K.L.:
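I have a structure here, written as structure tokens, and I will follow up with some questions on it.
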Amino acid sequence: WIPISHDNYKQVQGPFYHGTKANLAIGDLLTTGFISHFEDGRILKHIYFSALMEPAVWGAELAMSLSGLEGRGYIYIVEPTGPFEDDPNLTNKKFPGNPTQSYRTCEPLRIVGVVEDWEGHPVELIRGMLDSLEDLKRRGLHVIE
Ligand SMILES: CO[C@H]1/C=C/O[C@@]2(C)Oc3c(C)c(O)c4c(O)c(c(/C=N/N5CCN(C)CC5)c(O)c4c3C2=O)NC(=O)/C(C)=C\C=C\[C@H](C)[C@H](O)[C@@H](C)[C@@H](O)[C@@H](C)[C@H](OC(C)=O)[C@@H]1C
Ligand SMILES: CO[C@H]1/C=C/O[C@@]2(C)Oc3c(C)c(O)c4c(O)c(c(/C=N/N5CCN(C)CC5)c(O)c4c3C2=O)NC(=O)/C(C)=C\C=C\[C@H](C)[C@H](O)[C@@H](C)[C@@H](O)[C@@H](C)[C@H](OC(C)=O)[C@@H]1C
């Protein structure tokens, strides 16, 4: 397993997926739903995406739940427009390496397509992460812009 950094992200093949509450068209830039999060003594602002579909399904479900909104989110096929790196939240935490192929970037995502069809996770599965994210939100440690 090879860590993805600003030195080697160009070696990562798409496609990529992003889950969100944002309602945008193909060709639009995602400048919304960046996450302000605490890391190494400061707030950083990143948008998150994956080379696999399922992490974006989680991203859409949690975007909708944290926003208190009804229904399924949106999943976009995306390209980063600047350097990206492993999401440290999902890298050498619960699993070795970055098995969900989840990445973060400081620059907007380009929407290049839409995912229409997916099977969601049961809400019970979403509740434990939502509880944790609600607390981090209250503490200003992870905040959707
Ligand atoms: C694609 O990721 C998803 C599913 C992966 O599928 C799956 C199978 O692969 C996972 C990987 C590779 C992990 O590394 C991981 C993990 O590191 C983690 C929790 C569980 N966290 N919590 C719930 C259990 N509770 C005891 C502790 C808090 C996980 O479940 C997973 C996990 C999975 O379930 N982290 C922790 O336990 C700790 C120490 C802190 C958590 C902090 C916040 C809450 C999270 O970081 C937020 C910012 C998000 O990152 C997640 C919600 C992910 O949603 C997205 C869209 O990113 C989600 C895991
Ligand atoms: C008393 O301890 C606190 C210090 C407060 O004050 C303050 C100013 O000083 C801090 C120090 C000195 C840290 O060293 C620190 C830190 O190392 C860290 C996060 C924040 N972590 N996350 C932010 C969200 N993001 C999506 C995931 C990573 C922090 O906020 C802090 C932090 C503060 O905020 N984390 C990480 O580096 C990594 C790599 C992962 C952590 C994973 C989970 C999420 C955490 O373990 C959860 C379960 C909590 O245990 C902490 C958040 C503590 O919060 C409480 C109330 O217990 C906090 C350390």
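Positions are given from 1 along the sequence. Determined via X-ray crystallography, 1.4 Å. Both counts, for ligands and for their atoms, begin at 1 and track the order of listing. Both backbone and side-chain heavy atoms feed into the values below; hydrogens, waters and symmetry mates do not.
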K.L.:
At ligand 1, which drug or drug candidate appears?
P.N.:
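That would be rifampicin.
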K.L.:
If you rank chains by contacts with rifampicin (ligand 1), which one has the most, by name in the PDB entry?
P.N.:
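The largest contact count goes to ARR-2.
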K.L.:
With heavy-atom distances below 4.0 Å as the criterion, list the atoms of rifampicin (ligand 1) near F95.
P.N.:
9 (O), 10 (C), 11 (C), 12 (C)
K.L.:
Short list, please: which atoms of rifampicin (ligand 1) are under 4.0 Å from a heavy atom of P55?
P.N.:
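Under 4.0 Å from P55, rifampicin (ligand 1) has these atoms: 1 (C), 56 (C).
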K.L.:
Can you name the atoms of rifampicin (ligand 1), numbered from 1 with element, that are less than 4.0 Å from a heavy atom of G59?
P.N.:
56 (C)
K.L.:
Does atom 39 (C) of rifampicin (ligand 1) have a protein heavy-atom neighbour under 4.0 Å away?
P.N.:
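Given the 4.0 Å cut-off, atom 39 (C) of rifampicin (ligand 1) does not count as touching protein heavy atoms.
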K.L.:
Can a protein heavy atom be found under 4.0 Å away from atom 28 (C) of rifampicin (ligand 1)?
P.N.:
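Protein heavy atom within 4.0 Å of atom 28 (C) of rifampicin (ligand 1): present.
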K.L.:
By number and element, which atoms of rifampicin (ligand 1) are closer than 4.0 Å to a non-hydrogen atom of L62?
P.N.:
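In order of numbering, the contacting atoms are 52 (C), 54 (O).
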K.L.:
Find all atoms of rifampicin (ligand 1) within a distance of less than 4.0 Å from any non-hydrogen atom belonging to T100, and give their numbers and elements.
P.N.:
9 (O), 12 (C)
K.L.:
Considering the heavy atoms of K93, write down every atom of rifampicin (ligand 1) situated less than 4.0 Å from one of them.
P.N.:
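Those of rifampicin (ligand 1) that fall under 4.0 Å from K93 are 14 (O), 17 (O).
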K.L.:
Have a look at rifampicin (ligand 1) and work out which part of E54, if any, has a heavy atom under 4.0 Å from it: side chain, backbone, both or neither.
P.N.:
neither
K.L.:
Test your reading of the structure: does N89 have an N or O sitting under 3.5 Å from an N or O of rifampicin (ligand 1)?
P.N.:
yes
K.L.:
Taking heavy atoms and a distance under 4.0 Å, where does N98 meet rifampicin (ligand 1): side chain, backbone, both or neither?
P.N.:
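It is neither; nothing of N98 touches rifampicin (ligand 1).
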K.L.:
Is the shortest distance from atom 1 (C) of rifampicin (ligand 1) to a protein heavy atom below 4.0 Å?
P.N.:
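Yes; the ligand atom in question has protein heavy-atom contact below 4.0 Å.
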K.L.:
I'd like to know the organism the PDB gives for chain A, please.
P.N.:
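Per the entry, it comes from Pseudomonas aeruginosa.
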K.L.:
Quick one: what's in the binding site of rifampicin (ligand 1) at 4.0 Å, using heavy-atom distances?
P.N.:
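Sure - by heavy atoms, that gives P55, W58, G59, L62, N89, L90, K93, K94, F95, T100, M129, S132, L133, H142.
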